[PDB]
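Numbers here are sequence positions counted from 1. The header says X-ray crystallography, 2.3 Å. Because only heavy atoms are used, hydrogens play no part in the values below, and waters and symmetry mates are left out as well, while side chains stay in. For ligands, and for the atoms within them, numbers begin at 1 and follow the listed sequence.
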Amino acid sequence: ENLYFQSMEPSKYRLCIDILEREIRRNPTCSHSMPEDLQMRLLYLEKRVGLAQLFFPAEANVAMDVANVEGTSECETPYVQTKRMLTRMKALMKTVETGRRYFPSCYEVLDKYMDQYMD
Ligand SMILES: O=C(O)c1ccccc1O
């Protein structure tokens with residue numbers, strides 16, 4: 001269906017997200033480092049971004065729109081299957097980096113929460 005928005009809200013939001021995405025390609029302290037093991041890094045990112053949506057739905061969904069998470073699938077030829085996981089990991093990571101940059105007070109809450117899994 002096609003709807004007429006005289007205030008162009010959907011389109012204004014798309015321009016904002018694009019300004020946020022661009023403003024980081026160009027141009028809050030954390031308590032731990034993410035796992036170096038790539039499988040564990042993926043699992044860590046899935047848990048953290050999933051918690052961001054539960055604790056901070058609007059902030060999370062802004063960061064995920066900046067990161068383009070909506071294309072990706074949660075965790076055919078193996079080349080493209082693994083590229084899917086890599087693409088998912090890149091977007092989860094960009095979500096976290098966007099939260100760190102624009103929602104620092106959310107990031108510090110999620111940083112203390114994820115520290116409990118780190119040791
Ligand atoms: O993971 C975070 O620290 C975070 C913070 C705000 C929004 C999205 C996020 O993933």
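- In this structure, the drug at ligand 1, out of salicylic acid, theophylline, memantine, is salicylic acid.
- The main partner of salicylic acid in this structure, judged by heavy-atom pairs under 4.5 Å and named as in the PDB entry, is Regulatory protein NPR4.
- The binding site of salicylic acid, defined by non-hydrogen atoms within 4.0 Å, is formed by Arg48, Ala52, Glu59, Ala60, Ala63, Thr95, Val96, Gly99, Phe103, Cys106, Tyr107, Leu110.
- In chain A, UniProt salicylate-binding residues less than 4.0 Å from salicylic acid by heavy-atom distance: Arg48.
- For atom 1 (O) of salicylic acid, the closest heavy atom belonging to the protein is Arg48 NE, 2.7 Å.
- Within salicylic acid, the atoms closer than 4.0 Å to a non-hydrogen atom of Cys106 are 5 (C), 6 (C), numbered from 1 in the order shown.
- In terms of protein heavy-atom proximity, atom 2 (C) of salicylic acid is nearest to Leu110 CD1, 3.2 Å.
- This PDB entry assigns chain A to the organism Arabidopsis thaliana.
- Of the protein's non-hydrogen atoms, the one nearest atom 6 (C) of salicylic acid is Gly99 CA, 3.5 Å.
- Salicylic acid places these atoms under 4.0 Å from at least one heavy atom of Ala63: 7 (C), 8 (C).
- Taking a cut-off of under 4.0 Å to the non-hydrogen atoms of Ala52, the atoms of salicylic acid that pass are 8 (C), 9 (C), 10 (O).
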Tabulating one pair per line, provide the atom names and distances (0.1 Å) for every N/O atom of salicylic acid that is less than 3.5 Å from a protein N/O atom.
unit_1: salicylic acid; atom_1: 1 (O); unit_2: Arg48; atom_2: NE; d: 2.7
unit_1: salicylic acid; atom_1: 3 (O); unit_2: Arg48; atom_2: NE; d: 3.4
unit_1: salicylic acid; atom_1: 3 (O); unit_2: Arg48; atom_2: NH2; d: 2.7

